[PDB]
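Section: structure with chloroquine.
Letters A, B, ... are given to chains in the order of the sequence lines, protein chains preceding strands, and every chain is numbered from 1. Values below: every heavy atom of this structure, side chains too, minus hydrogens, waters and symmetry copies. One-based numbering, in listed order, for ligands and for the atoms of each. The structure shown is a partial extract from the entry, and contact counts are restricted to the extract.
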4 protein chains.
Amino acid sequence: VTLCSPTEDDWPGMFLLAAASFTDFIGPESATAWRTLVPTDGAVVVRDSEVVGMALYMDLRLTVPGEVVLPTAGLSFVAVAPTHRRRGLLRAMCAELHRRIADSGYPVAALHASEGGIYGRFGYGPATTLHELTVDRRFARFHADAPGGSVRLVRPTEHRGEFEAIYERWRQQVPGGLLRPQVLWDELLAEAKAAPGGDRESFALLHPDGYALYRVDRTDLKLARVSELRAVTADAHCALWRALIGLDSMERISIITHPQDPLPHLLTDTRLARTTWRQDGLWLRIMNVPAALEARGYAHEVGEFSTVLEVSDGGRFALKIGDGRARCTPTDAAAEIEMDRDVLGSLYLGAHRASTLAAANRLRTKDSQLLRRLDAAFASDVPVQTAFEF
Amino acid sequence: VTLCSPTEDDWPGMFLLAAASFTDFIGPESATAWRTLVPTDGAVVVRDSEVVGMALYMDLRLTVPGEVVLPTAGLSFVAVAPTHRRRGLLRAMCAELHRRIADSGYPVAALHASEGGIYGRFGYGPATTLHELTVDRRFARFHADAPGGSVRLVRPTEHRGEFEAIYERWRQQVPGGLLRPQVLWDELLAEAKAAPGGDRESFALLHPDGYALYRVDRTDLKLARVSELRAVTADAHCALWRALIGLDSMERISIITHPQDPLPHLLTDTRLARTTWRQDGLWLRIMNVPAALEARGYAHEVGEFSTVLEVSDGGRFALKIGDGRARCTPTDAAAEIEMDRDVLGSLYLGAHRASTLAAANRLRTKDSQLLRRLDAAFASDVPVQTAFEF
Amino acid sequence: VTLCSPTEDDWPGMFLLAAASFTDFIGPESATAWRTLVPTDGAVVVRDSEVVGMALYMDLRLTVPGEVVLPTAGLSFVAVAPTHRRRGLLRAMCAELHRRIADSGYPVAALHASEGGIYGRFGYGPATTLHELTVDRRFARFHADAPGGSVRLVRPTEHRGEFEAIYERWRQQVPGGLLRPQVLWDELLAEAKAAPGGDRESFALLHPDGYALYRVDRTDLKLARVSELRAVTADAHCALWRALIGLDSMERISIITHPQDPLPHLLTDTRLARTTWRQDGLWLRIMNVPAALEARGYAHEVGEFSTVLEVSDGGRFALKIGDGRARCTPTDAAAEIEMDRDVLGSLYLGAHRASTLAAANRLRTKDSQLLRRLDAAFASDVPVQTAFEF
Amino acid sequence: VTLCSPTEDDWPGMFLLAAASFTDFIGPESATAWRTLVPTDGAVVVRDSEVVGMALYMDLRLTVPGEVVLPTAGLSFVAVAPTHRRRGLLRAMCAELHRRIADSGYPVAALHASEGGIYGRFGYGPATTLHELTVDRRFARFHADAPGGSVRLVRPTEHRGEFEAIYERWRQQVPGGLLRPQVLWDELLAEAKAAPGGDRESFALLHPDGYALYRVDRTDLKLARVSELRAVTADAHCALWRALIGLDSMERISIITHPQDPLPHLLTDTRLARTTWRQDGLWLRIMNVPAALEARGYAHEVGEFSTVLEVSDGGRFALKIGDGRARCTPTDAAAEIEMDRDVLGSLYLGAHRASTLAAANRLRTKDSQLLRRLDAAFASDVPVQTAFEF
Ligand SMILES: CCN(CC)CCC[C@@H](C)Nc1ccnc2cc(Cl)ccc12
Ligand SMILES: CCN(CC)CCC[C@@H](C)Nc1ccnc2cc(Cl)ccc12
Ligand SMILES: CCN(CC)CCC[C@@H](C)Nc1ccnc2cc(Cl)ccc12
Ligand SMILES: CCN(CC)CCC[C@@H](C)Nc1ccnc2cc(Cl)ccc12
């Protein structure tokens with residue numbers, strides 16, 4: 001049992017483990033676009049001879065509060081063979097990639113978790129919240145205050161340029177935003193066409209400042225699933241939902257969105273936009289505590305304050321926050337706040353309140369005023385959204 | 001079609017309309033406890049002769065941010081006969097009760113809505129959020145950080161005094177908290193016993209600083225439903241959930257809680273606490289804008305600011321917020337913020353952000369800095385919860 | 001945390017823990033009949049003051065192969081409070097009752113398990129198999145060979161004497177048979193009547209040599225559930241099933257029976273008797289290995305053989321089996337067969353083959369001929385059935 | 001309406017009737033491999049001109065107790081047109097094939113039945129039992145006694161040689177085992193690949209002494225279906241199940257196995273391996289009573305005995321069984337045992353006990369000692385399994 005960077009000769013064994021581990025994984029052609037994002041030395045394999053474990057990271061760009069874009073190591077393609085469970089393979093692979101990621105100078109790593117109980121112990125905290133809304137569009141009426149009482153129905157492949165430009169504006173202005181490389185647009189637009197005994201055709205609704213990609217469900221022919229709605233203005237968001245609610249042959253429109261989606265408030269009956277599912281989205285491991293805390297912007301409303309933050313096995317820092325900026329310097333002064341690394345990841349994009357984590361003892365301080373100040377400072381003006389799964 | 005305060009001779013016709021309108025309504029004995037809370041002139045009936053419409057309010061005490069307790073008119077028992085729809089009965093009954101409530105000096109009215117599209121147009125905004133969590137307790141393990149790694153299993157009727165004292169502490173410290181009168185404790189403890197072909201027996205878990213009332217579901221014998229968990233400390237909340245997760249004969253524990261319930265963070269897998277349902281809880285109509293805005297406490301973190309707020313048909317006010325206090329005085333100066341009355345009710349307990357309502361055009365300003373300041377100021381340190389339905 | 005025999009003052013706390021632990025437990029009146037079977041010193045309670053754990057045994061008579069009746073300690077009413085999990089309460093209660101049971105001279109203990117993963121580690125093996133058959137009686141035709149091509153439809157309470165006499169003959173001739181005391185007949189016949197919003201009335205089919213007790217399902221009005229069919233002859237079994245298949249208003253007849261129920265072979269289509277559920281029934285802990293192995297009869301077909309059997313922490317014995325009898329004497333000679341105590345319980349009534357347990361390594365020998373001889377000898381001529389849950 | 005051996009010109013009409021009769025039947029390419037197993041004169045067709053009935057047999061090799069391999073006529077492709085029901089076509093086709101099978105010298109015929117009420121009257125008895133186990137693998141823990149606390153994840157098409165060799169060892173040592181010809185391995189490995197809008201890819205787990213072929217369900221993405229597990233040793237069976245329980249992305253693993261599968265005993269909770277389905281597997285018609293009874297081996301444990309067996313319209317025989325061998329000679333001496341031919345088929349591989357068939361009057365004797373001796377003698381040391389459907 002050795003742990004190495006894979007050679008081109010390892011990739012067939014990796015694709016077998018992938019096919020057997022990931023139901024969404026069609027075959028090698030799938031991985032081609034994503035592999036362009038994996039740097040030299042971005043991958044590890046465990047050999048027993050055959051591949052019994054693998055893991056890699058991709059080079060991503062993640063938007064954080066203050067419209068700051070961080071280089072981000074996106075962990076993916078993580079699998080242990082069913083023959084080799086409880087042998088410490090995941091721990092050994094995560095330790096090696098984290099060493100490489102930290103040495104390469106990434107301030108943060110990120111992943112999407114297949115289960116919620118695995119990645120906490122390696123320092124990852126859930127940092128965005130997926131919120132599925134299902135609208136019974138047969139009853140949906142727009143409120144007198146709703147704007148637009150400008151959208152075209154189009155084939156996605158015919159308007160690639162406009163989708164790319166709208167998404168680029170959205171990903172730079174929204175925390176959780178990720179740069180989407182041309183190879184991932186190629187993939188996305190390939191999935192837009194109908195598959196024999198698979199998905200139905202995707203259509204687009206296109207506004208100058210937003211787009212919605214949607215397709216009728218395979219089996220439930222009265223359900224339209226919105227795969228992605230990117231709106232740069234409130235006017236575009238409202239205009240796009242007026243068009244979706246105009247899908248008169250549908251009973252129901254579902255979307256995976258974020259907890260602060262204003263959709264319900266656009267309707268005379270807010271209860272029509274039902275939360276049908278909630279789950280952790282992006283997970284974040286802070287690799288360098290001071291680089292990460294200094295990089296993000298903070299709420300201007302909270303006045304200047306100083307404290308001492310200890311991350312369990314991640315350092316102790318003098319943290320001063322004022323005028324929307326943090327300074328985070330080494331100290332041996334007594335800790336006023338303590339938390340595990342994963343908790344910091346959960347606070348970092350504003351998706352979870354320090355007060356909530358404190359009430360579960362995840363965050364530890366003896367100062368309730370300091371807790372209120374942390375809550376306010378780490379809050380994000382622009383609500384955190386989830387870009388695309390990787 | 002006349003609209004009057006009911007005489008004792010009207011109540012049999014009101015109980016018939018009630019039985020036909022409310023599936024939860026067993027008979028006159030139900031209403032007895034609640035009727036002790038209805039003041040003289042708290043009720044209206046429409047006669048065609050028989051009762052075709054009714055509505056009333058109860059005298060309540062509602063906790064708002066800053067631990068301030070407001071006298072509150074609780075609208076309830078609202079029904080129009082199925083013979084008399086689209087005759088303006090609800091509008092006429094709500095106009096009359098609102099006149100009486102305002103003249104009596106109540107700063108706020110509140111209700112629980114049977115549908116989400118009715119009460120907005122009469123000035124009520126959804127002000128609390130019901131959040132059902134279902135835990136698959138067979139997988140639930142507590143996180144190493146969770147406290148208490150002190151609770152007794154008891155019969156509710158044998159510990160009335162301790163439940164009453166715990167709830168009284170909780171309702172004074174939590175926004176959304178409602179005073180519970182002795183007659184409603186009588187009702188609650190009567191519903192605790194098993195019913196022939198109805199609910200199963202309720203049990204209690206009792207801690208010095210919290211209690212949980214729960215009962216196995218009628219038909220799903222592997223589901224325990226927590227009807228009410230009131231915890232005054234984080235230690236009590238955690239200790240009570242350790243005991244609920246100890247119900248080894250159950251697969252699932254469900255509770256109707258609030259969006260900031262720390263339960264998920266107590267577990268090694270946060271995904272185990274699944275959101276299975278979300279809905280508006282308490283609705284709030286601000287009756288007197290200046291009395292209500294001056295009564296509640298505000299976030300100390302936001303520095304002093306002044307603006308001019310117009311409520312559509314509710315006045316225009318110079319609003320100055322600093323040191324956690326508001327002053328709200330008449331002005332004819334130009335409005336910087338405009339919103340309908342219902343929107344103010346939705347902001348008032350901190351359950352909805354001004355920014356979210358602004359993005360749906362419900363709240364209207366041309367100043368993004370003022371929006372951030374309103375969001376921060378109206379936010380509640382202690383998360384808003386829902387007391388009990390009325 | 002003390003462990004004691006309960007006084008009459010402990011029983012209210014035991015009934016609270018019972019109500020909270022067992023959904024089938026109506027109240028103290030339930031336990032009255034069963035409590036007549038609990039000997040002095042048959043019960044233990046753990047006090048923290050309130051009852052946080054309890055367990056007891058009843059005096060039973062269990063039929064084993066060879067029509068031999070053993071005094072049997074029936075463990076029941078076992079519960080640990082949800083407040084007191086992972087404190088070793090079950091282990092401490094089982095250790096104390098086992099000490100008392102062994103000292104009192106019981107050769108075997110027995111229980112029905114609420115979960116399949118608990119009792120193995122205390123030496124209990126599953127010893128009978130519950131097998132639910134559902135017949136689509138609309139297609140059921142009897143085979144030309146089936147007997148009876150003599151039964152009365154009766155009210156159970158009017159023929160108590162005849163049911164008692166038939167059951168007494170059946171329980172003495174069938175391994176798994178249990179003596180049913182008059183107080184359990186009182187209970188059974190009380191459950192025969194309809195309950196408001198509960199079970200429907202039970203009817204009986206009565207033959208001189210068998211009876212079937214059945215009732216239409218609460219909600220599925222086309223399903224008849226046979227709660228108990230006791231047939232002393234093949235003619236009675238066939239005659240009773242002809243009558244059940246005559247329930248022309250039903251679609252389906254279900255029964256919880258044993259794997260060798262001949263019902264399917266009575267039909268022209270054996271597939272009509274569908275196995276819809278299977279589960280462990282009675283569990284058996286052999287308390288005294290030599291007393292138990294010498295008491296039961298063995299297959300006459302297998303010729304005399306001798307071996308040395310070791311039970312893990314239960315002794316090593318020279319075991320000689322011939323002419324349907326075993327002699328089982330102390331030895332320090334080398335073990336030819338080894339197994340944990342629970343495995344012996346699983347073999348004891350003939351429900352599980354030594355060969356099957358050997359293939360999972362539960363039973364360990366290096367002699368395949370000895371395995372075939374054990375399989376044959378422990379096999380039961382009369383198939384093992386399950387009497388009634390306790 | 002004539003009954004003939006088909007010419008090559010009949011096969012298009014046979015493929016039409018096949019397509020209309022068998023949902024599993026894709027087209028002529030399906031039948032190609034199976035047709036290599038049909039001897040000259042192995043097929044009959046009824047013509048009205050078009051094909052309204054067909055039936056054929058394949059040359060098979062079936063393993064019976066004692067590791068004896070019998071030439072076996074496998075009936076298959078049996079269909080009557082929906083236009084021609086109740087015209088005696090099936091009876092006429094079965095009479096003709098049985099004449100040919102008996103004259104060709106086959107001692108037994110076998111089939112898989114589409115319904116359970118058809119083939120009894122033509123002398124076929126159900127001889128193996130299909131037993132579906134579904135494991136909730138999220139709770140599955142191996143017992144301390146389980147072996148292996150050696151398997152590779154592989155693509156089936158890349159290890160054909162090893163699967164062929166393992167299966168050949170398994171089919172010779174297991175009653176119910178069938179020789180699998182190269183053309184059926186070609187078919188099997190063709191079905192291993194994914195189909196557009198059909199089955200997902202199959203994977204293999206490969207041990208030196210066993211293999212498991214499995215694939216994720218089409219629609220239930222948390223269910224893995226084991227299509228075939230062939231283990232020549234207990235160590236291989238346990239090692240393969242450790243790997244299947246390592247499919248961490250699955251909730252449930254299902255397999256169609258046999259009633260004596262030791263899997264449940266490998267787990268700390270035997271109840272986790274739930275029986276979700278049971279059905280007759282292989283059916284057997286004894287064509288030559290003396291050839292069949294003399295060919296199979298018998299239990300060595302039962303001492304020498306002699307009896308006289310009558311098969312209804314199948315002869316009367318002096319049957320002497322001792323030292324694991326039978327001698328079966330013509331007699332006119334009085335019958336001590338009588339049964340229809342189908343009953344003998346059901347006894348022949350040890351899947352059904354003589355005592356069980358006797359209790360339904362299918363087997364008739366006045367000697368209970370003779371019944372015990374038949375039960376013991378016909379029992380199979382190695383439990384009967386089902387090879388592959390034909
Ligand atoms: C956990 C399930 N998986 C892994 C295949 C899908 C995750 C989401 C999708 C868009 N990501 C992917 C889909 C397909 N191939 C890929 C190859 C690499 Cl290297 C990385 C990510 C990939
Ligand atoms: C909309 C459905 N309803 C009205 C009966 C139940 C609402 C919640 C319950 C606890 N409230 C009530 C239940 C029963 N009776 C009552 C009598 C009056 Cl005056 C007021 C409230 C009541
Ligand atoms: C595990 C679920 N339980 C325990 C109450 C029911 C088991 C089957 C039933 C017939 N047994 C019982 C039912 C009711 N009360 C009883 C009191 C005693 Cl001491 C013992 C057994 C009892
Ligand atoms: C009753 C349903 N059927 C008959 C097609 C499928 C039975 C099982 C499968 C593996 N057997 C078969 C599948 C496909 N074609 C075949 C052609 C012949 Cl001659 C015999 C058997 C065949």
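By contact count, the main macromolecule holding chloroquine (ligand 1) here is known in UniProt as N-acetyltransferase Eis. Other chains within heavy-atom reach of chloroquine (ligand 1), distance under 4.0 Å: A.
The protein atom (non-hydrogen) at minimum distance from atom 20 (C) of chloroquine (ligand 1) is A/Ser76 OG, 3.5 Å. Protein heavy atom nearest atom 3 (N) of chloroquine (ligand 1), with residue, atom name and distance: A/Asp24 OD1, 3.3 Å.
Protein heavy atom in closest approach to atom 7 (C) of chloroquine (ligand 1): A/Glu389 OE2, 3.8 Å. Protein heavy atom at the shortest distance from atom 11 (N) of chloroquine (ligand 1) is A/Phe390 O, 3.5 Å. Against a heavy-atom cut-off of under 4.0 Å, A/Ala31 is close to the following atoms of chloroquine (ligand 1): 15 (N), 17 (C).
Residues of chain A that UniProt annotates as binding acetyl-CoA and that have a non-hydrogen atom under 4.0 Å from chloroquine (ligand 1): none.
At the shortest separation from atom 15 (N) of chloroquine (ligand 1) among protein heavy atoms lies A/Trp34 CD1, 3.6 Å. Here is the list of chloroquine (ligand 1) atoms found below 4.0 Å of a heavy atom in A/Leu56: 19 (Cl). Counting atoms of chloroquine (ligand 1) from 1 in the listed order, those under 4.0 Å from a heavy atom of A/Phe22 are 1 (C), 2 (C), 4 (C), 5 (C). Mapped onto UniProt domains, the residues of chain A touching chloroquine (ligand 1) mostly lie in N-acetyltransferase. The binding-site residues for chloroquine (ligand 1) (non-hydrogen atoms, 4.0 Å) are A/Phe22, A/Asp24, A/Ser30, A/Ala31, A/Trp34, A/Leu56, A/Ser76, A/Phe77, A/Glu389, A/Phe390.
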